[PDB]
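Model: DNA topoisomerase 2-beta / ligand etoposide.
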Amino acid sequence: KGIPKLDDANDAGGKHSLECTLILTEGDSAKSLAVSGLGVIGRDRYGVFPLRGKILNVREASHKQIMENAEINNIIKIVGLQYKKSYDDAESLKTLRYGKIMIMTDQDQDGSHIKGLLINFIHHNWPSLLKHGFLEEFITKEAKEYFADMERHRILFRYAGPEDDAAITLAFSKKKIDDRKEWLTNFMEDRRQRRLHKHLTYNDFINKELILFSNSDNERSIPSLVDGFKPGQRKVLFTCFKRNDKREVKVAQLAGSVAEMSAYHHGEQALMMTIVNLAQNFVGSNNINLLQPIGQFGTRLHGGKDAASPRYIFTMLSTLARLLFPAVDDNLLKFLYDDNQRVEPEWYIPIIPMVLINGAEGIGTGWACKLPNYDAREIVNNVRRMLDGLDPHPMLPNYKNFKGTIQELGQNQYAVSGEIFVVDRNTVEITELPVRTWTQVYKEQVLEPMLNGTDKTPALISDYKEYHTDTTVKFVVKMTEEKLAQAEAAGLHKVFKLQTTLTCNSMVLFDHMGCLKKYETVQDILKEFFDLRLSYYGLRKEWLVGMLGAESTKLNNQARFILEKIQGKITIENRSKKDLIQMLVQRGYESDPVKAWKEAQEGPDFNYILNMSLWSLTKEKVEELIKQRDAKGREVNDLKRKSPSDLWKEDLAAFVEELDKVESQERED
Amino acid sequence: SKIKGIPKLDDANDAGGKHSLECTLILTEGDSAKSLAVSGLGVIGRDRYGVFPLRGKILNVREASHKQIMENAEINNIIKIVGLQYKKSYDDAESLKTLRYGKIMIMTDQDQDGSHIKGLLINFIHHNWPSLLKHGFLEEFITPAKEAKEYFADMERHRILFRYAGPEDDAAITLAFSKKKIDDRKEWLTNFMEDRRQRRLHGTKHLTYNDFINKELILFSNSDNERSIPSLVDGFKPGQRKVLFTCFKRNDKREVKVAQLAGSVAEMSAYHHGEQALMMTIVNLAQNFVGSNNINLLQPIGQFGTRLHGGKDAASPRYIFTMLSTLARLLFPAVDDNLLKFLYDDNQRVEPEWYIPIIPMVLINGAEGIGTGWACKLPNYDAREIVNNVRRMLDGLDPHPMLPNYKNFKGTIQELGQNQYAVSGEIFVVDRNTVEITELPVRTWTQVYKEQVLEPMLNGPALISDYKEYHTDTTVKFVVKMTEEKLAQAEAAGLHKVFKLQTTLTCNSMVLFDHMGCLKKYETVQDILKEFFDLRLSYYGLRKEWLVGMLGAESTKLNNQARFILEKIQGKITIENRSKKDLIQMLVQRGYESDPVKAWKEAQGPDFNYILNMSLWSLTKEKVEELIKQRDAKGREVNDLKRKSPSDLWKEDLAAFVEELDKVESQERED
DNA sequence: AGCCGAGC
DNA sequence: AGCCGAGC
Ligand SMILES: COc1cc([C@@H]2c3cc4c(cc3[C@@H](O[C@@H]3O[C@@H]5CO[C@@H](C)O[C@H]5[C@H](O)[C@H]3O)[C@H]3COC(=O)[C@H]23)OCO4)cc(OC)c1O
Ligand SMILES: COc1cc([C@@H]2c3cc4c(cc3[C@@H](O[C@@H]3O[C@@H]5CO[C@@H](C)O[C@H]5[C@H](O)[C@H]3O)[C@H]3COC(=O)[C@H]23)OCO4)cc(OC)c1O
Ligand SMILES: [Mg+2]
Ligand SMILES: [Mg+2]
Ligand SMILES: [Mg+2]
Ligand SMILES: [Mg+2]
Ligand SMILES: [Mg+2]
Ligand SMILES: [Mg+2]
């Protein structure tokens, strides 16, 4: 009583309390479906309360965050549970307003994660209730049909023994991370083997059901080594490539298009945030943003948190996008299917390892991935050295427009330093902040405590002024001569918090086979990317030789028919379709060689000839068609004398050319 | 003096101290406008300038209830920020010592709704503290992140001060915002619309409140009518029309998310307002429950709302889908698009001034709106009755009177007199101790009736012993228990009266734009029907003219294509190896005609592309015979149309419409 | 204690 | 004391 989103069972709290079931639903929308499904009679023995999504994991969570969590407090007040209270006996259960909790979620993996978080919540606080069969689930005007069928949709969770304890702990305990790695490692291996060849116990729920979320969590959160993308990001670029927008599109509108075209199965709000992240160009985000930030996508001041609503902002492809992901290689990719609809590919195959450029980052279950940004030109140069058979030079992380320094301290560990300089004996100037330190955060958490002091720290500076621009940082700080001499003695970057450590010891990617792998150096990422991209330039040459040759044979037959027609060697006039096709066969014309070639990759068709306009017989069109035919034959031969390496070099040169123009234009604006 | 309770406020550093009267409080339209202001001020402006966002339209405090005023958080926020006190006079300089700011600078969009917000703020100060306006308390900041810092560095040229000249300023503010001035606003806007039409037949740091009201706010009041009051012709307001124009253009064969459609509408139709209002309009166009639309032109695929909550239970526009009803293009035939006047927004072609439906859609769906000085309310009418009346008028007979009719409504609508109706639900005695309610009067929602009628009957003297609910999504069933004596007493009085199942409906404001865009008051729906009929019959005449011309052009085009094909296959003509110029000149000398369809369109060198673009297939046997058939069919089709009257084509459209109306409505009842 | 981001 | 709906 007093909880606005709760519809309380009429008998809750009275003599029938333990015969009452509380339905916890995923979202308010599921509560309404459950409310209408219960009808009038269901209000006596059933309550309904909505969940806001993922529940707090209370196992290792701090006491402050637990007691301040409103959703869990609501559940506790609704059910009437008491912390630290043992439910072992029958007299103790008279404390409860509800005898059973029924979790009702989507039938998908994220629903399974909420089930497990609720199971985890009860298992941690009152293990004794689960041995009574406290928890059950509901599986799915269509709702009224479910609740009349209720026993068929009702599954009861059973606690069979200590294997149920270990399973819950395996999933939700901070101390089990390494066990989750093994747990999921053994899971992915068995699927590779299988792919190439009522009551529910908590152990079964966790190992047969929740693990599907845990694996799906990694697949959505951990990028591919090949293109550097997660599937949601890859869906975005696939949609933009297919749309080929010449003008800016509202982010919210592009997101809805992505869901339709790529079969994105999650909430669009998440897609909109991904699109925003793909377009951000501020210092510390994307070395090359593949989407253009037209409107306010956020700045280094707030670290992108100041981005405006996706309803007010627009985007389109960067001109660099199709240069890094050439459209011709789409013919080599493997495009996935979602229920008979062809969708985004397994991965794109960019011309450089984009996974290094923009700093792929993500958090899964059992594993996370963090890579810093690397310099596009430096990577191009290493690809060129490798094409010559030379070893690649080592690479330090490099952030576009970052004015500070990044120094290797050790393997995969770096010091990132901003800029500070003594101006006079009273004055220092801060012209850069370490990568991912945001201007407003630095002001509030560093300079303000330095100016005002805190309860635990003395004042240091006597004043500061802010000269920043939208992309740049300038602080001018005043200090007494004494304080500045002390600051120099301890070192200026240290005192002013301008140095941060960058450690990347989890570089975890899916390889080109879709296998999760840990990479110890970026050189190993570069090498694995290089061997794959080189063979795909081989595949591209094979594809171009075939398609260009088919196009050549096509133009040859078209030109031959036109010449024989204008010379009177052949007439189609007033001839039946059958007679014309038969005659074209007897004279040796080929069925459409492009359609034939395109179908070979997986009656005679002369339409490519007979669909030609009557203009084709005129003088200037005859001459134009002969030129096109001869041009295509020269095109075939020009391609055949290029190696895969030459083709790669052409793409690299064209990309660098545009990268210089684009980044030069950026500094102008 | 400090304010700790208003998180969205950025207080001037000197506000509340000795320099208070030298400080400005910038009120912005919305939070993003505040960020533009806070950015434009920068480090320097923080001392003498505060910024606080307004949430949109401000409470109109003139003649508002004391409760609504005291409970209004936005106004209480403004009062607390500035330090104002109700009932206090600010006259002498001593009285100003209690103010944390000496001036308020309003910063809104440079559009009409921004002007409305300016007026509401002016209204708020004028009503409570007229003395403050004599001191020059109010100012505005006009516009046409880096742009913001440019605006504020030039603030002198963007700053305009409101001036109180005298009693005509009071009259102007009262004329705009007083509930007793409705008649004066009608005259105010009548003169405006008239004087503007006359000009269409032909070719300062300070601003007085009188000039603000009469030259600026009046533009919002007029735009408020133009957006809120429907057109007699199609029954649409402009935003609804832009939706239908977009849907016709897209021609979706599959459902579309309403949020996605709204963004598509904004781009395609140049809709200038918030997309959330467009999404609500889209939801409102698709609702089929009892009491909303007799014919919904968009399909409700999702939860669009029910009669339980009166549509307020619609799910989020992000979660629901729509598309055209199959009736939409039958009511608005695509061929008549050629007769419409399409508007332009900055060289982009957008929705027409109105569609011309085959029946008066303004009577079908109950056109409704609230403007300034006028509102419009029409009930729903029955589509087949309207079709029959149109047929009666085509035959020169008199149209039957029409009572309001709501689809699937099981109750009774009785005419008390002209434009006056008693609308009754259904209640029936089952036995002694039991009555049953199977229908509620139109636009009485099931949950509201339970809460406001049956619940007070059950508890607060209690007239009934109990009730139970058998409703479905689309239907209403209440079974009510009471003592014999109480039922007899309730039955002695009206059962419909006791249970509040009768509502009166009066439509004395039927206010629409006529076909010229002139605001008109219509006394009867027969008047509406007759005015629509004359214009629509005229446009069936235009459609026939348009079709005769276009079909005739198409026939000439085919005659030339067939002639060329026949001469080619007979050897009478050869294009082989001939130059383009020689072939153009030769076709001209032989009397082939330049593209007849293009020539006809341009009428509303020679172009033989429509001939020479034909495929080589055209010279084969089957395509020759096909082309000749197509040519003769086209000639017959132009001849068949010439014989028909505009009335015959209207009858054809009505029959096709009714046939699909029958199929669609049958399928609705089976589902 | 809190960020990073694709999810609820 | 509030609905209707196109707007902020
Ligand atoms: C209130 O009703 C429900 C809420 C939810 C949660 C939720 C829960 C919250 C909360 C916020 C949210 C919100 O997340 C926010 O979305 C924002 C959308 O714009 C982008 C820019 O930034 C996002 C925020 O980063 C994110 O935090 C929802 C978005 O979609 C969800 O699943 C989220 O603050 C308080 O608790 C689930 C439900 O059922 C499944 C519900 O019925
Ligand atoms: C908080 O930030 C601002 C809010 C606003 C108002 C507003 C104001 C409100 C309020 C709500 C709203 C909200 O209206 C609601 O939108 C809903 C959108 O979906 C449909 C289904 O139903 C709509 C509601 O019928 C409507 O009531 C806004 C939507 O667009 C506006 O202009 C509205 O509740 C409290 O006061 C203006 C601003 O600056 C211009 C702001 O910065
Ligand atoms: Mg789901
Ligand atoms: Mg943690
Ligand atoms: Mg990144
Ligand atoms: Mg505006
Ligand atoms: Mg009122
Ligand atoms: Mg209506």
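Residue numbers begin at 1 in each chain, while the letters A, B, ... track the order of the sequences. Hydrogens, waters and symmetry mates play no part in the numbers below; they use all other heavy atoms, side chains included. As the structure lists them, so they are numbered: ligands from 1, and atoms in each ligand from 1.
- For etoposide, the full set of ligands or chains is ligands 1 and 2.
- The letters of other chains with a heavy atom under 4.0 Å from etoposide (ligand 2) are B, D.
- In this structure, the binding site of etoposide (ligand 2) at 4.0 Å (heavy atoms) is formed by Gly30(B), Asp31(B), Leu54(B), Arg55(B), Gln276(B), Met280(B), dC8(D).
- The active-site residue of chain B per UniProt that lies nearest to etoposide (ligand 2), with minimum heavy-atom distance rounded to 1 Å, is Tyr319(B), 10 Å.
- Looking from atom 8 (C) of etoposide (ligand 2) to the surrounding protein, the closest heavy atom is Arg55(B) O, 3.6 Å.
- For chain B, a heavy atom less than 4.0 Å from etoposide (ligand 2) occurs in none of the UniProt Mg(2+)-binding residues.
- Protein heavy atoms come within 4.0 Å of atom 5 (C) of etoposide (ligand 2).
- Proximity of atom 34 (O) of etoposide (ligand 2) to the protein is not indicated, since no non-hydrogen protein atom lies closer than 4.0 angstrom.
- In this structure, atom 15 (C) of etoposide (ligand 2) has no protein heavy-atom contact shorter than 4.0 Å.
- The presence of a protein heavy atom under 4.0 Å from atom 20 (C) of etoposide (ligand 2) is confirmed.
- Between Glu29(B) and etoposide (ligand 2), no pair of N/O atoms sits closer than 3.5 Å.
- Here the protein heavy atom with the shortest distance to atom 39 (O) of etoposide (ligand 2) is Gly30(B) CA, 3.0 Å.
- Under a 4.0 Å criterion applied to the non-hydrogen atoms of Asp31(B), etoposide (ligand 2) contributes the atoms 2 (O), 41 (C), 42 (O).
- Among protein heavy atoms, the minimum distance from atom 26 (C) of etoposide (ligand 2) is reached at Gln276(B) OE1, 5.0 Å.
- In terms of protein heavy-atom proximity, atom 22 (O) of etoposide (ligand 2) is closest to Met280(B) SD, 3.5 Å.
- There is no protein heavy atom less than 4.0 angstrom from atom 28 (C) of etoposide (ligand 2).
- At a distance under 4.0 Å, no protein heavy atom can be found next to atom 31 (C) of etoposide (ligand 2).
- The entry attributes the origin of chain B to Homo sapiens.
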